[PDB]
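Heads up, this one has 3-deazauridine in it.
Here is how names work: the chains are called A, B, and so on, in the same order as the sequence lines, proteins then strands, and each is numbered from 1. What you see below is based on every heavy atom in this structure, not just the backbone, and it leaves out hydrogens, waters and symmetry mates. Each ligand, and each atom within it, is numbered from 1 in the order the structure gives.
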Amino acid sequence: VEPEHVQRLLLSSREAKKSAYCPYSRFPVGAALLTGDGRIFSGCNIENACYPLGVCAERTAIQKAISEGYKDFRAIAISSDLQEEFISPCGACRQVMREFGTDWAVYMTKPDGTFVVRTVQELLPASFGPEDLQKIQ
Amino acid sequence: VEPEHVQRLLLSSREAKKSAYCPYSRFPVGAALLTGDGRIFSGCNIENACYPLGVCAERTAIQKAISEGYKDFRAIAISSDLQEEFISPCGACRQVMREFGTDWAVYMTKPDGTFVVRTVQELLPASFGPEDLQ
Amino acid sequence: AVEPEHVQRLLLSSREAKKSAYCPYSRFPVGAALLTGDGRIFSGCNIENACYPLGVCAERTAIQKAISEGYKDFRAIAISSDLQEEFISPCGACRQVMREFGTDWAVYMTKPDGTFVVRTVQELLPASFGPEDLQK
Amino acid sequence: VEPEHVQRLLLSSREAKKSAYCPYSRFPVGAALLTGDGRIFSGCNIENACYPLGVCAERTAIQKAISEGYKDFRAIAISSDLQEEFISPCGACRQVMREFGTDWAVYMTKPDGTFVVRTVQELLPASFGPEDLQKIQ
Ligand SMILES: O=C1C=CN([C@@H]2O[C@H](CO)[C@@H](O)[C@H]2O)C(=O)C1
Ligand SMILES: O=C1C=CN([C@@H]2O[C@H](CO)[C@@H](O)[C@H]2O)C(=O)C1
Ligand SMILES: O=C1C=CN([C@@H]2O[C@H](CO)[C@@H](O)[C@H]2O)C(=O)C1
Ligand SMILES: O=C1C=CN([C@@H]2O[C@H](CO)[C@@H](O)[C@H]2O)C(=O)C1
Ligand SMILES: [Zn+2]
Ligand SMILES: [Zn+2]
Ligand SMILES: [Zn+2]
Ligand SMILES: [Zn+2]
């Protein structure tokens, strides 16, 4: 029913959630990042005794990709155990997503397979970015 | 919000920028928060040798306000030295703002005094929030 | 060292600061108070977020408050929590922020009964990364 | 001459530095993490226009490992272009390392291959950790 790449995205994010390290919130989250060439990098939240030091599924996935040399992203899907709410990315992840482009898709899903799609631009209007430090020239 | 407050808020934000500790970016930023009862808490960005450990002006101000017992905010103004564009809050700050409501105002200014106003909701659509964990 | 008077003021201040803690997620309130060179005290408490990574520790709330007011000379900082049988220790992120402003100052890790362990920033963060590494 | 695992760590850390996304500080850092079963996970610092949203090499590597299901870490090496100074992990990274043990090694290096090794414990004494949050005490 859904395009093949969307199927891959949803399945990978749901699978990625199994590796979540969240003994404090018991709120497992998984993510699957799709690059331009078709490769997928997965991620999950990894908390810390000192809450502020944890990391979200999206950034774990984006950080993995970049460390591997991939900066061209097409889309990223997110999965959680919230059955009645589309899992949405926090502002911090939106900012990191934005560092690598505003024109890519974020699939906010539910366990049943349903989802909402918004671009990074829509998720982060009038975004602060590289231009602020006059880095685009 | 009362224009009397808006002005005091905008000035406080620029004044706060003078304390900025940003020897790495050399991009100082100030912010001023207005609570529901008219009290104003300001803040500035404080960087660190290891970049990830720095903090933004908005959060410095919000964190200050909360530590003083205030959690009901009406607006927050931001000021920087960037001439070409209105200084807007990074996603992390938008998420901290959201933690305490989506209906308040964010004043994104330019050094000359002009600005654009947007609510926390408009800056962080379809947000993740407290209700996700309740 | 630091006079028992300032230490008591720091101690009472951190404990009092802990009352404002915003921590509905962990329900682990923490308070902190730092002493500047001129004797002024600034306090803070942890402030969490629905998305855990966006919270902040009590020490950084205090330090950032101090700096925002123009103070960057610290003599000592005291931390307090509800942990009965354990001295509350600052996390690594806070130690690194403390280090940005010196390594020779004192950190007081306390218990709810007033007992404490004191260590310098240098001792809590040895062979540290710092501003000097970016100059060279 | 160093033990094979040390050579691998040193070399991987050096190679991972090439993927560093650090246009703001222009200070590239690489890290390599050795797990108990011998697998190595690399990472690099990934900055953001808004400085606070950046991530260090050590955590990029640790998060990669955990996302893949590895929590038993044996050692991690760090590399930078700092010629006459062993690159040291920031306090934030030492806290993340500590979440997964205090008794493993950290190799702080220089480009010439020389290094200083300390355990997580020595780099983060009287640390705050998971047990401080245990329900019963
Ligand atoms: O969309 C997202 C919302 C939240 N989280 C993670 O969920 C836990 C609770 O905030 C934390 O571990 C937090 O990082 C994500 O990883 C993604
Ligand atoms: O030494 C300290 C240890 C932890 N914390 C705070 O405690 C909660 C649980 O990690 C989080 O809110 C965390 O920030 C401090 O504020 C100080
Ligand atoms: O809206 C804002 C944009 C950026 N910053 C700060 O500016 C520096 C460059 O990213 C960093 O110190 C960053 O924290 C703020 O304080 C507020
Ligand atoms: O040991 C380390 C010290 C610093 N960093 C990174 O170097 C840049 C300067 O703070 C930042 O990008 C910072 O994250 C590392 O990744 C490792
Ligand atoms: Zn996030
Ligand atoms: Zn910010
Ligand atoms: Zn801390
Ligand atoms: Zn680090």
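- In the structure shown, the parts corresponding to 3-deazauridine are ligands 1, 2, 3 and 4.
- Going by contact count, the macromolecule most engaged with 3-deazauridine (ligand 1) is what the PDB entry calls Cytidine deaminase.
- Every other chain with a heavy atom under 4.0 Å from 3-deazauridine (ligand 1) is listed here: A, B, C.
- At 4.0 Å, heavy atom to atom, the residues around 3-deazauridine (ligand 1) are A:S25, A:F27, A:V29, A:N45, A:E47, A:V55, A:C56, A:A57, A:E58, A:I87, A:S88, A:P89, B:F128, C:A50, C:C51, C:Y52, C:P53.
- Taking atom 17 (C) of 3-deazauridine (ligand 1) as the reference point, the nearest protein heavy-atom neighbour is A:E58 OE1, 3.2 Å.
- Residue, atom and distance of the protein heavy atom nearest to atom 7 (O) of 3-deazauridine (ligand 1) are A:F27 CD2, 3.4 Å.
- The contact set between 3-deazauridine (ligand 1) and A:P89, taken as ligand atoms under 4.0 Å from a residue heavy atom, comprises 1 (O).
- Summary of contacts: the protein heavy atom closest to atom 6 (C) of 3-deazauridine (ligand 1) is A:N45 ND2, 3.6 Å.
- The entry gives the source of chain A as Mus musculus.
- Of the UniProt active-site residues in chain A, the closest to 3-deazauridine (ligand 1) by non-hydrogen distance (1 Å) is A:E58, 3 Å.
- The ligand atoms of 3-deazauridine (ligand 1) that sit less than 4.0 angstrom from a heavy atom of A:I87 are 1 (O).
- Of all protein heavy atoms, the one closest to atom 5 (N) of 3-deazauridine (ligand 1) is A:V29 CG2, 3.8 Å.
- Of the protein's heavy atoms, A:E47 OE2, 3.4 Å lies nearest to atom 11 (C) of 3-deazauridine (ligand 1).
- With a heavy-atom cut-off of 4.0 Å, 3-deazauridine (ligand 1) reaches these UniProt Zn(2+)-binding residues of chain A: A:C56.
- Taking any N or O of A:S88, backbone or side chain, at least one lies under 3.5 Å from an N or O belonging to 3-deazauridine (ligand 1).
- The distance from 3-deazauridine (ligand 1) to the heavy atoms of C:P53 drops below 4.0 Å at these ligand atoms: 13 (C), 14 (O).
- Among all protein heavy atoms, the one lying closest to atom 14 (O) of 3-deazauridine (ligand 1) is A:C56 SG, 3.0 Å.
- Of the residues that UniProt lists as binding substrate in chain A, those with a heavy atom under 4.0 Å from 3-deazauridine (ligand 1) are: A:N45, A:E47.
- Summary of contacts: the protein heavy atom closest to atom 9 (C) of 3-deazauridine (ligand 1) is C:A50 O, 3.7 Å.
- Of the residues of chain A in contact with 3-deazauridine (ligand 1), the majority fall within UniProt domain CMP/dCMP-type deaminase.
- Scanning all protein heavy atoms for the shortest distance to atom 4 (C) of 3-deazauridine (ligand 1) gives B:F128 CZ, 3.7 Å.
- At least one N or O atom of A:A57 sits closer than 3.5 Å to an N or O atom of 3-deazauridine (ligand 1).
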